[PDB]
Novice: 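Let me give you the structure first, and then I'll get to my questions.
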Number of protein chains: 2
Amino acid sequence: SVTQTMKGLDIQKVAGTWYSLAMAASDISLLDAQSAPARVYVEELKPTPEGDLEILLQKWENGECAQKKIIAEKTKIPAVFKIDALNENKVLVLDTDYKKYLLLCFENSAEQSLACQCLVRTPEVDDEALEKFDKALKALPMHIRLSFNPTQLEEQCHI
Amino acid sequence: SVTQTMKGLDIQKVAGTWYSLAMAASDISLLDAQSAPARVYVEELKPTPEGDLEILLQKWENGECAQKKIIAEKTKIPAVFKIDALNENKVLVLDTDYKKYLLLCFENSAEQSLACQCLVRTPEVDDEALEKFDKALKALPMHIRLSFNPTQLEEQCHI
Ligand SMILES: CN(C)CCCN1c2ccccc2Sc2ccc(Cl)cc21
Ligand SMILES: CN(C)CCCN1c2ccccc2Sc2ccc(Cl)cc21
């Protein structure tokens, strides 16, 4: 369970282009296949004026790379947003420098499905951002991790 | 490319029961699906009197958990065995204490497919054996890692 958040977060400053450089999850089944439920590739983060967080992403669904937009609503905690659905889902922002890397996790309640990503601003392998990611995950019950190469990061659905 | 071998290896002492507690590989495609080519679950290591290494394992193939045996022949290097096939495949033993953990890698030539496992003697999560595994992998170009839980380790094909 995630007890690492970004103190002092300014969300407006996370807007723009992102790349899902690596991903990790609590169960193998969340990331194993091409259409696994947590295999989501972030494209853009779009904070709303009201301080909500629109997420633009790609997902492989029935043989193809589909585009999706979801909205995570603000909460009392600056680093935590809620996607109301069949479940209470939370987006947690763990850490960021705004200009290079952002670590975030998604979690529901059930047991608890948890997936986290290291997002970066450019199609480049950032070893320092990846160290910070592994550091964060040491405290979490993860059983699968994937990372993409720069070629893949320029393809839809990282193919 | 693997430049970590077990100095002083006595193979005869690796015989018996093993469990594939974690696995890592150079390409996502080698481990991603249930029937991915490197998704192999070790059952037993059986050194031959002549110093070859028989490997008993399970593999999910066309909807089912199949049993297989393969033979890796000795070489001039005690820690390196060869499986002659369509490719020159090597089994490399990186480290072991014989009684708890064994790290090993499999590699071919092409680019180079590489997969490594942390094997343990019991259906138990060995954090020290897993630290040694991550340490070993730091030097290798891995892009997917999986680890199993004790329930899974007692099921065929870790289902
Ligand atoms: C789009 N939908 C298939 C998944 C949305 C919810 N979602 C999520 C929620 C709870 C646990 C794990 C995940 S994976 C994930 C990765 C990226 C994003 Cl942006 C959202 C999620
Ligand atoms: C049985 N066959 C599907 C795979 C045999 C060769 N094999 C292998 C070789 C070169 C690169 C990667 C691998 S994965 C693997 C994992 C365990 C074992 Cl024991 C062997 C292998």
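Chains are designated A, B, ... according to the position of each sequence line. Residue numbering in chain A adheres to the PDB entry, whereby the residues present occupy positions 2-111, 114-162 in order. Quick note: numbers on chain B are straight from the PDB entry, i.e. 2-111, 114-162, in order. Only this structure's heavy atoms are used, side chains among them; waters, hydrogens and symmetry mates stay out. In listed order, ligands and their atoms are each counted from 1.
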Novice: Counting heavy-atom pairs under 4.5 Å, which macromolecule has the most such pairs with ligand 2, as named in UniProt?
Specialist: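 Largest number of contacts: Beta-lactoglobulin.
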Novice: Indicate which of tasisulam, tapinarof, diethylstilbestrol, estradiol, chlorpromazine is present at ligand 2.
Specialist: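 It's chlorpromazine.
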Novice: Would you pull out the other chains with a heavy atom less than 4.0 Å from chlorpromazine (ligand 2)?
Specialist: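 Other chains under 4.0 Å (heavy atoms): B.
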Novice: Looking only at protein heavy atoms, identify the closest one to atom 8 (C) of chlorpromazine (ligand 2) and say how far it is in Å.
Specialist: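 It is B:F107 CB, 3.7 Å.
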Novice: For atom 3 (C) of chlorpromazine (ligand 2), which protein heavy atom lies nearest, and how many Å away is it?
Specialist: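 Minimum-distance protein heavy atom for atom 3 (C) of chlorpromazine (ligand 2) reads B:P38 O, 3.9 Å.
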Novice: With heavy atoms of B:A39 as the reference, note each atom of chlorpromazine (ligand 2) found under 4.0 Å away.
Specialist: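 Matching atoms, with element in brackets: 14 (S).
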Novice: Looking at B:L58, which atoms of chlorpromazine (ligand 2) are within less than 4.0 Å of one of its heavy atoms?
Specialist: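 Numbered from 1, chlorpromazine (ligand 2) contributes 19 (Cl).
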Novice: Of all the atoms in chlorpromazine (ligand 2), which lie at a distance below 4.0 Å from a heavy atom belonging to B:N90?
Specialist: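 Here the atoms of chlorpromazine (ligand 2) in question are 9 (C), 10 (C).
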Novice: Take atom 6 (C) of chlorpromazine (ligand 2) and look for protein heavy atoms under 4.0 Å from it; say yes if you find one, no if not.
Specialist: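 Under 4.0 Å from atom 6 (C) of chlorpromazine (ligand 2), zero protein heavy atoms found.
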Novice: In the protein, which heavy atom is nearest to atom 1 (C) of chlorpromazine (ligand 2), and how far is it?
Specialist: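 Of the protein heavy atoms, B:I71 CD1, 3.9 Å lies nearest.
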